[PDB]
Amino acid sequence: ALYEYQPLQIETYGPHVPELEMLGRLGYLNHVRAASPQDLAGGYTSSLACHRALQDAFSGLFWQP
Amino acid sequence: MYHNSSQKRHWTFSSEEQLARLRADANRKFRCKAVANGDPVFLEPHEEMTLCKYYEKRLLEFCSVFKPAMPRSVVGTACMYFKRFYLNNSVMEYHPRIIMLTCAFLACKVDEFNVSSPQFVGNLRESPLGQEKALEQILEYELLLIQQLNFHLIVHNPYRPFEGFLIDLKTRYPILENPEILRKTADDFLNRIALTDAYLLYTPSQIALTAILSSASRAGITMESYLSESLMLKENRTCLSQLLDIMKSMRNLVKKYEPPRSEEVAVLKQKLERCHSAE
Amino acid sequence: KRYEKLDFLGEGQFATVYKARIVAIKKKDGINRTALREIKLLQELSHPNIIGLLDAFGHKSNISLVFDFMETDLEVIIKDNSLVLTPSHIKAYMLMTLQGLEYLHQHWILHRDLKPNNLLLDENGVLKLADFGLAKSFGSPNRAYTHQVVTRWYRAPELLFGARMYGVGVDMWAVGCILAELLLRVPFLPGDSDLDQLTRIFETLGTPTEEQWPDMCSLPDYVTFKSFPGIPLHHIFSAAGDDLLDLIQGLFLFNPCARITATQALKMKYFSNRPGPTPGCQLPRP
Ligand SMILES: CCc1cnn2c(NCc3ccc[n+](O)c3)cc(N3CCCC[C@H]3CCO)nc12
């Protein structure tokens, strides 16, 4: 019974969020502050903050109680 | 995340009628408990609502001048705790003056805003003896507050969604020249939205988007295309209509909001202090 | 209340755990911040490989937390010299750990206390990440953390160099250490201090350089170490296959940005290759 990766399927009830590894290609990172060299050395990138912000903006936008 | 959060699952209600039902039920259960335990000393549910609004402004004022600077997320969490607590409890049973401080205390803990208890109560404008008494009251009511929140402590606020929408507009909506011009006014609307019951009725993302679009409308800018094209709602016009209805309802909630009057609140405060002194 | 105390499971640094009717109850500053952290995080999470907070109650300044009762943990498995850890068992443990971690990181939470005893196992062989008393949400620039997190043996070098800002790399490095402990049956990098921890890391894996970690020297507590060549992984892990060695290399990459995420680790060929992961019912019981 070989394992096969399947992505997590959680309904966000909102618009599609662009992939983490595409934000820079799409120009989103031009509107977040750059991660400092110490931040990058620790593994924090501005792409993380941008992705979290977009995910929160789009989460449950279409949801109705 | 909001889309599978406790806030969405248990603390976003279908209508203002449900919230009014919960508040009237809380008032009536306190009335029945007091009558069984032991007159016109009771406050009416609309009087409870007026006092709750007044003490929410007082909680906001306490959090604004709180040193060290309390982050906006902690303040939003505290105000949400206050609203949720007085959905199911009467100000006649638990004084909102202490409950609001307890909400700030618990929110500081939950949002990892590290403040010592003595430096928490040092922000009070009261005497050191009153400060120790207030601290003991807060410690007494902390567990009660957590129980009445049903141990649902994470509060999703509209601030990060607001930032995410600003990023998305700057990236995908060149029609809007500088989206940052929309910040201040949208922030203004955000504050007003916070005074209503919207935080119990709409998603943080909906609140943020409503604030942004109201700011654009005040500026005269039309961003219908952002909803239609960038958010791709042209593929599901029903989704666009539902979103527009949600934002219109939130704008209506804001416009109808009645700030508490000073004299009415003073009379109600005398009434509530009388209710607490007795029994 | 509605739970009758059955057995005294043990005591922790923050509370004491009792088996009750079957669940585990973990019974001037007010409510303990660690208990509140566990409450606030586990109420927002629901995944088979994350410990479930079933109920919560308290009195005065004390609070109790109800969890599912877990039969054992990974530490008991590893240290049980009578248990054989086949490649399939190791793959199963790694898979469940990584699935829980992927769900956790998707909800922007770092565990920050990953180690074999914090990976509990129920009687069905389901592994669950537990002990969220150090877990914290990540992804906000304005939200600094402390480097003194994660048990020292499992602490990533960025943490040891004082990283206040970090991401999923801390958990993934701890995951690599857990994998190495699974393979070697002993702690991989048993330092006695932070300096000795970094020394063991660099002596085993090589001293990192600028090309492996471009901003390494910018970390606040950065200390230059002797240029150890390191030990090639196939020498350390003799029985590891090439795919497993690729996974281990990915988990132990010095640059935390290059270090593989839980998702990337799950997509690696090691997990889709033969033999398949052991089913939970067949995992060894200590
Ligand atoms: C709090 C959640 C929980 C669920 N089950 N469980 C258990 N089950 C028994 C057990 C587990 C692992 C290994 N062995 O041999 C027995 C123990 C325990 N705690 C007390 C005893 C030492 C561990 C410590 C862990 C703290 O989370 N906590 C829990």
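The sequence lines are taken in order and lettered A, B, and onward as chains. Residues displayed in chain A correspond, in order, to the PDB entry positions 244-308. The residues of chain B that appear here are 1-38, 44-284 by the PDB entry count, in order. We number chain C the way the PDB entry does; in order, the residues shown are 10-30, 37-42, 52-310. Both counts, for ligands and for their atoms, begin at 1 and track the order of listing. Because only heavy atoms are used, hydrogens play no part in the values below, and waters and symmetry mates are left out as well, while side chains stay in.
The name recorded for the drug at ligand 1 is dinaciclib. Here, the main chain in contact with dinaciclib is recorded in UniProt as Cyclin-dependent kinase 7. Heavy-atom contacts below 4.0 Å between dinaciclib and other chains occur for C. Counting heavy atoms within 4.0 Å, the binding site of dinaciclib comprises C:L18, C:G19, C:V26, C:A39, C:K41, C:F91, C:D92, C:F93, C:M94, C:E95, C:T96, C:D97, C:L144.
In the vicinity of C:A39, heavy-atom distances shorter than 4.0 Å reach the dinaciclib atoms 3 (C), 4 (C), 5 (N). Per UniProt, most contacting residues of chain C around dinaciclib lie in the domain Protein kinase. Taking atom 15 (O) of dinaciclib as the reference point, the nearest protein heavy-atom neighbour is C:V100 CG2, 4.1 Å. Each of the atoms 1 (C) of dinaciclib lies under 4.0 Å from some heavy atom of C:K41.
In terms of protein heavy-atom proximity, atom 18 (C) of dinaciclib is closest to C:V26 CG1, 4.1 Å. Shortest contact from atom 9 (C) of dinaciclib to any protein heavy atom: C:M94 O, 3.3 Å. When hydrogens are left out, the protein atom nearest atom 22 (C) of dinaciclib is C:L18 O, 4.7 Å; that is the closest non-hydrogen contact.
Under the 4.0 Å distance rule, the nearest protein heavy atom to atom 25 (C) of dinaciclib falls outside the cut-off. Scanning all protein heavy atoms for the shortest distance to atom 4 (C) of dinaciclib gives C:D92 O, 3.3 Å. For dinaciclib, the nearest UniProt active-site residue in chain C, with the shortest heavy-atom distance to 1 Å, is C:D137, 9 Å. Scanning the protein for heavy atoms near atom 13 (C) of dinaciclib, the closest one is C:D97 OD2, 3.4 Å. Measured by heavy atoms, dinaciclib lies under 4.0 Å from these UniProt ATP-binding residues of chain C: C:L18, C:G19, C:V26, C:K41. For atom 11 (C) of dinaciclib, a protein non-hydrogen atom is found at a distance below 4.0 Å. Less than 4.0 angstrom separates some heavy atom of C:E95 from each of these atoms of dinaciclib: 10 (C), 14 (N), 16 (C).
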When you check dinaciclib against the protein, what N or O pairs turn up below 3.5 Å? List the atom names and distances, or just say none.
residue, atom, partner, partner atom, Å
dinaciclib, 5 (N), C:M94, N, 3.1
dinaciclib, 8 (N), C:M94, O, 2.8

